[PDB]
Amino acid sequence: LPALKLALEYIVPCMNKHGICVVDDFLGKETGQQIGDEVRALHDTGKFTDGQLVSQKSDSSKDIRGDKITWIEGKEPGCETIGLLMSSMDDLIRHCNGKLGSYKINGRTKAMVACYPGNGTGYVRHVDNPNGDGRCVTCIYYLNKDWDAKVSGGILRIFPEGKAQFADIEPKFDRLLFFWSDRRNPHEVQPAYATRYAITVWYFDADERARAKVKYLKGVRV
Ligand SMILES: O=C(O)CNC(=O)c1ncc(-c2cccc(Cl)c2)cc1O
Ligand SMILES: [Mn+2]
């Protein structure tokens with residue numbers, strides 16, 4: 001689908017009604033697989049961190065580490081289909097802008113590529129932006145071929161604020177997810193028992209970000 005049709009007919013209505021939006025088959029199989037290939041090359045060539053420290057034992061040979069990450073700008077050698085994904089996410093947001101609540105989105109982070117190594121680690125319940133650091137929208141792309149959570153775990157579970165229910169999102173190949181980054185969407189990743197990849201970017205609201213400058217300390221000489 002053309003970005004604008006997806007934006008006006010799906011992302012804008014879903015985001016304003018539910019604060020969560022899932023688009024399946026975002027880029028198609030060829031491109032999705034190429035992204036899988038590039039992420040796997042990053043992993044295989046040692047570009048990820050070792051992983052979040054999950055269990056600190058007094059013996060460090062038995063430390064457990066979880067999600068591994070690497071920040072990707074999209075123009076690096078071997079990351080160009082990742083850059084293509086980032087640009088397609090941006091096209092969608094650009095065609096939403098002015099219609100996502102009353103936010104005015106004026107930028108985004110680099111891509112955070114995540115690798116859950118499959119050792120029973122997940123990601124604890126959290127809010128992405130709990131303290132007003134400028135990020136208003138979380139965008140995640142999943143590239144896990146034939147993922148079956150009943151077998152491999154790794155569900156993303158969101159707990160929309162105020163609701164007595166949660167939303168389980170499988171990290172399915174070629175799946176695109178949007179949700180409000182703030183306290184309306186606490187979420188977690190349940191333990192993953194197979195290698196699980198995701199690519200996240202966060203979009204900034206202009207006003208909040210302009211205040212996060214001072215809430216986060218920048219100076220100029222006299
Ligand atoms: O993988 C999924 O399906 C869901 N992942 C997350 O929700 C997540 N959220 C936040 C973070 C994160 C939180 C703080 C700092 C940094 Cl660099 C990353 C990582 C994360 O992996
Ligand atoms: Mn998160």
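In this chain, numbering begins with 1 at the start of the sequence shown. Remember, it's 1-based here, ligands and their atoms both numbered in the order they're listed. What's counted below: heavy atoms across the whole structure, side chains too, no hydrogens, waters or symmetry copies.
The drug at ligand 1 is vadadustat. This structure shows the largest set of contacts to vadadustat (ligand 1) coming from the chain UniProt labels Egl nine homolog 1. The binding site of vadadustat (ligand 1) (heavy atoms under 4.0 Å) is made of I69, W71, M112, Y116, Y123, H126, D128, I140, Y142, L156, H187, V189, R196. Counting only heavy atoms of the protein, atom 21 (O) of vadadustat (ligand 1) lies nearest to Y116 OH, 3.2 Å. The source organism of chain A, per the PDB record, is Homo sapiens.
What sits closest to atom 8 (C) of vadadustat (ligand 1) on the protein, heavy atoms only, is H126 NE2, 3.6 Å. With a cut-off of 4.0 Å around vadadustat (ligand 1), the other ligands and ions picked up are ligand 2 (manganese (II) ion). Residue, atom and distance of the protein heavy atom nearest to atom 16 (C) of vadadustat (ligand 1) are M112 SD, 4.3 Å. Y123 OH, 3.9 Å is the protein heavy atom nearest to atom 14 (C) of vadadustat (ligand 1). Proximity by heavy atom, under 4.0 Å to vadadustat (ligand 1), holds for these of the UniProt Fe cation-binding residues in chain A: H126, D128, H187. Nearest to atom 17 (Cl) of vadadustat (ligand 1) among the protein's heavy atoms is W71 CZ2, 3.5 Å.
Residue list (UniProt 2-oxoglutarate-binding, chain A, heavy atom under 4.0 Å from vadadustat (ligand 1)): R196. Counting per UniProt domain, chain A has the most residues touching vadadustat (ligand 1) in Fe2OG dioxygenase.
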Please produce the table of protein N or O atoms sitting under 3.5 Å from N or O atoms belonging to vadadustat (ligand 1), one pair a line, distance to 0.1 Å.
| from | atom 1 | to | atom 2 | distance (Å) |
| --- | --- | --- | --- | --- |
| vadadustat (ligand 1) | 1 (O) | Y116 | OH | 3.4 |
| vadadustat (ligand 1) | 1 (O) | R196 | NH1 | 2.9 |
| vadadustat (ligand 1) | 3 (O) | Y142 | OH | 2.6 |
| vadadustat (ligand 1) | 3 (O) | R196 | NH1 | 3.2 |
| vadadustat (ligand 1) | 3 (O) | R196 | NH2 | 2.7 |
| vadadustat (ligand 1) | 7 (O) | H126 | NE2 | 3.1 |
| vadadustat (ligand 1) | 7 (O) | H187 | NE2 | 2.9 |
| vadadustat (ligand 1) | 9 (N) | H126 | NE2 | 2.9 |
| vadadustat (ligand 1) | 9 (N) | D128 | OD1 | 3.2 |
| vadadustat (ligand 1) | 21 (O) | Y116 | OH | 3.2 |

